[PDB]
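Drug on board: melatonin.
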Number of protein chains: 2
Amino acid sequence: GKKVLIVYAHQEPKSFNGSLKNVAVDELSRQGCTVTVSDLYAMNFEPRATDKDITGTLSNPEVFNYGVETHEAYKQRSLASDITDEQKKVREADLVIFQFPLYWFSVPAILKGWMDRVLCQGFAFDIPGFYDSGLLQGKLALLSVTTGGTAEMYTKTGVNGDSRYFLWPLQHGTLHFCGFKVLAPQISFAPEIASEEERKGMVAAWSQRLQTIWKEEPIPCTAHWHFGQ
Amino acid sequence: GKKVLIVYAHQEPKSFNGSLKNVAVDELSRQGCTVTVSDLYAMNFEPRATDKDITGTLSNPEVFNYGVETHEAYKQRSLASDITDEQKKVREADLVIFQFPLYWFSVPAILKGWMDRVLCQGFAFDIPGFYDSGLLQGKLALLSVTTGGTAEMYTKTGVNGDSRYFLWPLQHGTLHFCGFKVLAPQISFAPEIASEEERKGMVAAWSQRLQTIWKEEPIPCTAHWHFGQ
Ligand SMILES: Cc1cc2nc3c(=O)[nH]c(=O)nc-3n(C[C@H](O)[C@H](O)[C@H](O)COP(=O)(O)O)c2cc1C
Ligand SMILES: Cc1cc2nc3c(=O)[nH]c(=O)nc-3n(C[C@H](O)[C@H](O)[C@H](O)COP(=O)(O)O)c2cc1C
Ligand SMILES: COc1ccc2[nH]cc(CCNC(C)=O)c2c1
Ligand SMILES: COc1ccc2[nH]cc(CCNC(C)=O)c2c1
Ligand SMILES: [Zn+2]
Ligand SMILES: [Zn+2]
């Protein structure tokens, strides 16, 4: 049996991102997987890392240290319920798919906020207690990203540089750091500029890939994979 | 004369980030510069990119496209006032300093939200009108980042890889894309693990650098600068 969490960050259900999230639910549900979706915009998910993330009394109310406070709150079961609800979904998942449009070579702020607030010390990693000593080892993660720029722009000699260059903070700095095994990213280039048939083709390629997702090996999440030849 | 905008993202005024922001205000004010600070957490700055960012009739209310709607809203002067207030500060600034702790090899979500919402099409870039032709051409930008990890961890052979690797989405994908000339980053490594004297030393090195900031040349914001080869 297999459980999947899809963390989805798009405002418009009729969007191309919406279509990719819906075909992932459809395909994984067809396989008999247990599927949960965190639709961040529909949840009005809080992105800001603030003292409202800890309930009750702070370890040090005079000098607020977000990392220290959330690490202690996690251990004391005093984190805000929106964070713990997401942590329960991650803890139970075997695969976490992130579905989002690329915003400034990174995730939209609402999804950056999910990463900042949900992946706290004690839950996803400890200090020390990261990368392969991370706490989400055994779990798979996958970035399903859509872009405005064409594939050609995202080549080593292209204006944007290779698409792997922007994946480093997300795949390595975040997912690998927490102990996830990183599956190859799904990059859907320039859907708004594509034809209706080309968009249908991109959606079908993602659905087809999901049919055999449990047979994939993760990428070697190294500097060489992201920046080398 | 010169005008500086400091976009600051830290919850705690007593923090090391707070000390760096304050010494920048002190030094630039001593030089006779005009200084403005956007303290994002104190402003409870909205990070989410939503339809609340447009006040008028949407160009397409049936299928919401944030990029299209904000581009049109910028041209019509129908953007939310919190965005327009930040744009006025950026338009007037000769130098924009971003002061923040590194969160997941990137900016905290509240600051990612400032980038997503403030740097809209029509204001910060256009198509064509990006990279060396970006609309913020002639302006300088500088990232002043603090980290948990030591300098040694942020080297090519270190666990985190070189610090320049994580700068790519911010310096190139965002600042250079909008036409800014990027000054060399100020990276204050591991202040929480440092001694009180070492922290004082990092604050003084930043103040000393600011004394001659107007004499600096920008970096060559290229893939070669960030990744080598
Ligand atoms: C705030 C913002 C920032 C964006 N930044 C990028 C970027 O860095 N690179 C890129 O290729 N496209 C960028 N885009 C374009 C989106 O990635 C693109 O519109 C989206 O992936 C299309 O998918 P959708 O039709 O489902 O929205 C940006 C769009 C917005 C609104
Ligand atoms: C949500 C979160 C994510 C962080 N991610 C990183 C990271 O990617 N790399 C790093 O070296 N430190 C990371 N840190 C540690 C902070 O960068 C560090 O505590 C801060 O820069 C210290 O400055 P301050 O004392 O003024 O807060 C993170 C902290 C938090 C709370
Ligand atoms: C809440 O603190 C966080 C969150 C995510 C993180 N990624 C990297 C670090 C730096 C940790 N430094 C050492 C020496 O262990 C980190 C800290
Ligand atoms: C670094 O590339 C960026 C940064 C911000 C952006 N906002 C919107 C787009 C592209 C939107 N699609 C087209 C081709 O019009 C975009 C690209
Ligand atoms: Zn890695
Ligand atoms: Zn560049």
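All chains are named by letter (A, B, ...) in the order of the sequence lines, taking the proteins before the strands, and each is independently numbered beginning at 1. Order of appearance sets the numbers: ligands from 1, and atoms from 1 within every ligand.
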Requested in this report: Provide the full list of ligands or chains for melatonin.
Outcome: ligands 3 and 4
Query raised in the report: Which macromolecule is the chief neighbour of melatonin (ligand 4) by contact count, per the PDB entry?
Result: Ribosyldihydronicotinamide dehydrogenase [quinone]
Report task. Return the chain letters whose heavy atoms come under 4.0 Å from melatonin (ligand 4), other chains only. Result -> A, B
Query raised in the report: What is the closest protein heavy atom to atom 4 (C) of melatonin (ligand 4), and at what distance does it sit?
Result: A:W104 CZ3, 3.4 Å
Query raised in the report: Which protein heavy atom lies closest to atom 3 (C) of melatonin (ligand 4), and at what distance to 0.1 Å?
Result: B:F177 CZ, 3.5 Å
Query raised in the report: Who's the nearest protein heavy-atom neighbour of atom 15 (O) of melatonin (ligand 4), and how far?
Result: B:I127 CG1, 4.4 Å
Report task. Give the numbers and elements of all melatonin (ligand 4) atoms closer than 4.0 Å to a heavy atom of B:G173. Result -> 1 (C)
Query raised in the report: Near A:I193, which atoms of melatonin (ligand 4) are under 4.0 Å from a heavy atom of that residue?
Result: 14 (C)
Query raised in the report: Considering only heavy atoms, does A:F105 approach melatonin (ligand 4) within less than 4.0 Å through its side chain, its backbone, both, or neither?
Result: side chain
Query raised in the report: What species name appears in the entry as the source of chain B?
Result: Homo sapiens
Query raised in the report: Which residues overlap between the UniProt substrate-binding set of chain B and the residues with a heavy atom under 4.0 Å from melatonin (ligand 4)?
Result: B:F125
Query raised in the report: Between A:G148, B:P169, A:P101, which one has a non-hydrogen atom sitting closest to atom 12 (N) of melatonin (ligand 4)?
Result: A:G148
Report task. Just let me know how A:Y103 lines up against melatonin (ligand 4), side chain, backbone, both or neither, with a heavy-atom cut-off below 4.0 Å. Result -> neither
Query raised in the report: Looking only at protein heavy atoms, which one is nearest to atom 8 (C) of melatonin (ligand 4), and how far off is it?
Result: B:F125 CZ, 4.0 Å
Query - Non-hydrogen contacts within 4.0 Å of melatonin (ligand 4) - result: A:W104, A:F105, A:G148, A:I193, B:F125, B:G173, B:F177
